[PDB]
Amino acid sequence: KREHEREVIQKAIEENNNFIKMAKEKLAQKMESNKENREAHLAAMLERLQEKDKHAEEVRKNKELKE
Amino acid sequence: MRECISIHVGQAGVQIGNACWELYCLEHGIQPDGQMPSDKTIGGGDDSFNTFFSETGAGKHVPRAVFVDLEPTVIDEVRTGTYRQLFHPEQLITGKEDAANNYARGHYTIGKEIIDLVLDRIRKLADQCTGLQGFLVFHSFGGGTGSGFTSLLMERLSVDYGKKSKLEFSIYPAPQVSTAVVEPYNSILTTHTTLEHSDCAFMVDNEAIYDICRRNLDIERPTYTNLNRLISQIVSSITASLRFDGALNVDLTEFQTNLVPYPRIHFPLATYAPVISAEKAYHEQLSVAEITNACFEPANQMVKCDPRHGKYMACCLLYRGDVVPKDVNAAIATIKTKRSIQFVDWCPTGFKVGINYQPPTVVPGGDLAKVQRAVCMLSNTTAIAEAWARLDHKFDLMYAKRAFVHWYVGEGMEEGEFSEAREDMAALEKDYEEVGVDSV
Amino acid sequence: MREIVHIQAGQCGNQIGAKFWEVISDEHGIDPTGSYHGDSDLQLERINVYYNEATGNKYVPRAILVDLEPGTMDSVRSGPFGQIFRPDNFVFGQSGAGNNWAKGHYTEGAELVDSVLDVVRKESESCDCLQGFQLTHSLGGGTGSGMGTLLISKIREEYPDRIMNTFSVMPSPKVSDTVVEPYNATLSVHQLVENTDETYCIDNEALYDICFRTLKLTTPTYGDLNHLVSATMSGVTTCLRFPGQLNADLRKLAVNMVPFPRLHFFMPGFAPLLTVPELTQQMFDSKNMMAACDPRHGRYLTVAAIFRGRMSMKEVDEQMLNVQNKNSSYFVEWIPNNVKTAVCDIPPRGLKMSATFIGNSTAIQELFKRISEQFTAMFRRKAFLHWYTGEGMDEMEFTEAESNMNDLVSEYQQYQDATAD
Ligand SMILES: Nc1nc2c(ncn2[C@@H]2O[C@H](COP(=O)(O)OP(=O)(O)OP(=O)(O)O)[C@@H](O)[C@H]2O)c(=O)[nH]1
Ligand SMILES: Nc1nc2c(ncn2[C@@H]2O[C@H](COP(=O)(O)OP(=O)(O)O)[C@@H](O)[C@H]2O)c(=O)[nH]1
Ligand SMILES: O=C1NC(=O)[C@@H](c2cn3c4c(cccc24)CCC3)[C@@H]1c1c[nH]c2ccccc12
Ligand SMILES: [Ca+2]
Ligand SMILES: [Mg+2]
């Protein structure tokens, strides 16, 4: 009986810690994933604005090469 | 001991907090500067009101509360308001930019920048507790902060405080006082994320409160102030057992034992009575039987639904004022033989009763009449799932076209989170359907 | 606070830009010297949204004035409230666009744009928390059109996490005889659909028809057209400028108005041109739209409306519910509660009560089809195309701008035809 009593409270501690542990990890995973995505979205936005600059160079270049 | 820390998140949470704490002060005879003449133990004490108020050596009674918002203008009114002396400046936390009606910004982009600070300030309150019981979290479903930041906070609180109890007062969105078209999105996302981290959540349908203010107090177009003063009375009724003592006083945790049959089934339906104007209450005494019978009038519910078309899994009556058990039992006996009250077959049908002799209180220049007795019924009904159904439908209409989803994706979220959240709600609607089915 | 940085480019942009500042400076109760002489604290509650506070309680508009020709710059400085604008925020070239988009976007403007950004950067760096930019310009010209869209792209590079809003004036043969305008418009739209979050489609065709047929003004002046614009711009920014039941910013407006990123072209409306039921029916009437489009030729994705003045709010709520019910077919059902009503206690100047309307309607395609029709009529003949290729442009950039605006139309048509089931 004493042995069973120890196993019950130990199980309660284990499940409590497991819940804390999983919650801490599930959150870290989410904030990381969200950081990647938001960055990749802003990075893509800047890349095609970069393409608009490169294009403008090719336009101004094309002008002086027609004179 | 048995201290309770309140956390008020976003505009709705903060402004409701203002109403609640103002009401608490008047019920306990606490002045706007925090002084409480009737309290003879200076600088401390183990009285009942100490569950919600700490004490400084100068005799100031300070709310065990943190106010958080990602925008400063709402809390700035608290900082310069009537009860500005009540709170230590560190209890009032603000950012410079709100979540813009976006769950993603409240949970990730903007919220992550202030989450560590909030937890530190919460920790400072907890370290002043000799026996912290749990947290009470006030927030809206629809706001970006009330939605996004709350769910982040709830997750972080489960990590930092383990299985310490966390209760919710959640404002369910209504079109009459809507602030964004994406409130259904924010609602579903928060409910999903917070579900595992909340032990009990009291939803407050703004349309229900809007209707009651129009119908019972004859307010042609209720303001947030009108809604909040009514809400604070319901909140006061629920927390009354924690803030007062009495022979017939029943602790909220005991009601909670009956109200939550399964972890996910933790959304009680609140019903309050009497809500009546001064004009109508004059020369008009509402008896115990009358206010108790009013608890089974759907028009008086905090959430729009029809319990008469559902099944009960618990029924609790929280009385306050001039009330004795004899009149309660008589009123209940009458009601049982005249109302559509049916329980599931796996639960006992007895009503759990609590009485706090401390009479109801009203705020100066308010609309609510001051009455000698009031009652708040807390019932666990399958009918509350109707609130989920209405929200989930509005969610489906927009998400089938992915309307407004790009505002969330742009903040780093994925469509998988939307579908994951919606499936959890679908399972929750199914859960409430299953518990209502008769046993084999 | 939450600051908005104002920018006005080209002739048209500075005209309506100056008018906008004249009107709201009056509403917030400040004189051309920048001093406050009002009576209500509500005028200064959210004043920092558009104004910087200088020494001796001087309120300076957070505005940047731009043009490739120094002519209009003298007009503003000499015009009323000319002494309120920050002198250093005046950025002017000497060239002049000559209604050439390529000059404003790639040549002349690309040489002046950096000195504009230096002023943008200086204003922005002082902000407590910048929420975004609002630009006033026309799409028919060369500077405000060509260089205006260049600035947007350049500003979006340094502030990709800020809201970009524009008050774009659409060209109309009823007002401007200039032939090349449908080129400048199409090329501008090609930019706005990609790099702006919200665009108020101020349509000269609509502005003309209102003055002529309703206000009974034959041969209407630009002053007449702008009196409509100013009243509109005043209305749609009320929620940004004053405290109310719900306070709004550029982001919260975009979230609620734009269900899909590209579909961010609003048709504004105004009423009158009374009692509550009268106002509500007029603001939903096609005659009161500042964009030459019939809303009953499409469906509303989202709708925003202010009612200004002291009136029965119970009545306004009932009438707005009334209109949605009687006109339910013209609001998409797959977006629940897609109509919101706002209320400001303070009325405009002259009117005891008014109502301004912001509609994200699929009927806006009619406006783009008009431009596209005038565009392709010129492009099939390659008329005046040498003015653009002369600056180094390619025929493709015309084709791409055409097909992109074609997609915008068909995309508006897609969600018009969509159903719940
Ligand atoms: N009952 C009640 N509801 C409120 C109150 N204030 C806001 N709400 C509701 O809250 C919802 C919007 O959430 P908010 O709390 O206003 O927004 P937030 O939490 O500050 O988050 P942000 O979007 O970042 O501003 C709306 O549906 C409102 O009806 C209030 O004082 N009382
Ligand atoms: N409503 C209005 N439209 C204008 C005004 N001035 C010019 N426009 C329009 O703008 C177009 C000409 O562009 P403009 O502003 O002159 O080009 P820019 O000054 O070189 O950028 C025409 O289609 C006009 O209808 C004005 O004061 N009010
Ligand atoms: O103050 C506000 N902020 C917002 O986001 C606006 C809004 C638009 N929709 C909303 C919805 C819900 C709630 C708020 C808003 C439904 C769809 C469109 C709202 C507003 C009402 N009338 C206006 C007039 C001018 C400028 C802003 C507004
Ligand atoms: Ca004490
Ligand atoms: Mg807020």
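So you know, we letter chains A, B, ... as the sequences are listed, proteins then strands, and number each from 1. Below, all heavy atoms of this structure are taken into account, side chains as well, without hydrogens, waters or symmetry copies. Part of the entry, not all of it, is on display, and contacts are counted within that displayed part. According to its header, the structure was obtained by X-ray crystallography, 2.2 Å. First listed ligand is number 1; within each ligand, the first listed atom is number 1.
In the deposited model, the macromolecule with the most close contacts to ligand 3 is named by the PDB entry as Tubulin beta.
Drug at ligand 3: tivantinib.
Other chains reaching under 4.0 Å from tivantinib with at least one heavy atom: B, C. Comparing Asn337(C), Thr341(C), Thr302(C) by heavy-atom distance to atom 16 (C) of tivantinib, the nearest is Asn337(C). Listed by atom number, the atoms of tivantinib under 4.0 Å from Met257(C) heavy atoms are 8 (C), 18 (C). Below 3.5 Å of separation, one finds an N or O of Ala305(C) facing an N or O of tivantinib. Nearest to atom 6 (C) of tivantinib by heavy atom, out of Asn101(B), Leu253(C), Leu301(C), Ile306(C), is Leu253(C). Of all atoms in tivantinib, listed by their number and element, those nearer than 4.0 Å to a heavy atom of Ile358(C) are 24 (C), 25 (C), 26 (C). Between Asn256(C) and tivantinib, a contact under 3.5 Å exists for at least one N or O pair.
The deposit refers to chain B as Tubulin alpha. Note: no N/O pair closer than 3.5 Å links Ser178(B) and tivantinib by distance alone.
Lab note: binding site of tivantinib, heavy atoms under 4.0 Å, is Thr179(B), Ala180(B), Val181(B), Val236(C), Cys239(C), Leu246(C), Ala248(C), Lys252(C), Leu253(C), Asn256(C), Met257(C), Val303(C), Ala304(C), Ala305(C), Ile306(C), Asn337(C), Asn338(C), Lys340(C), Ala342(C), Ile358(C).
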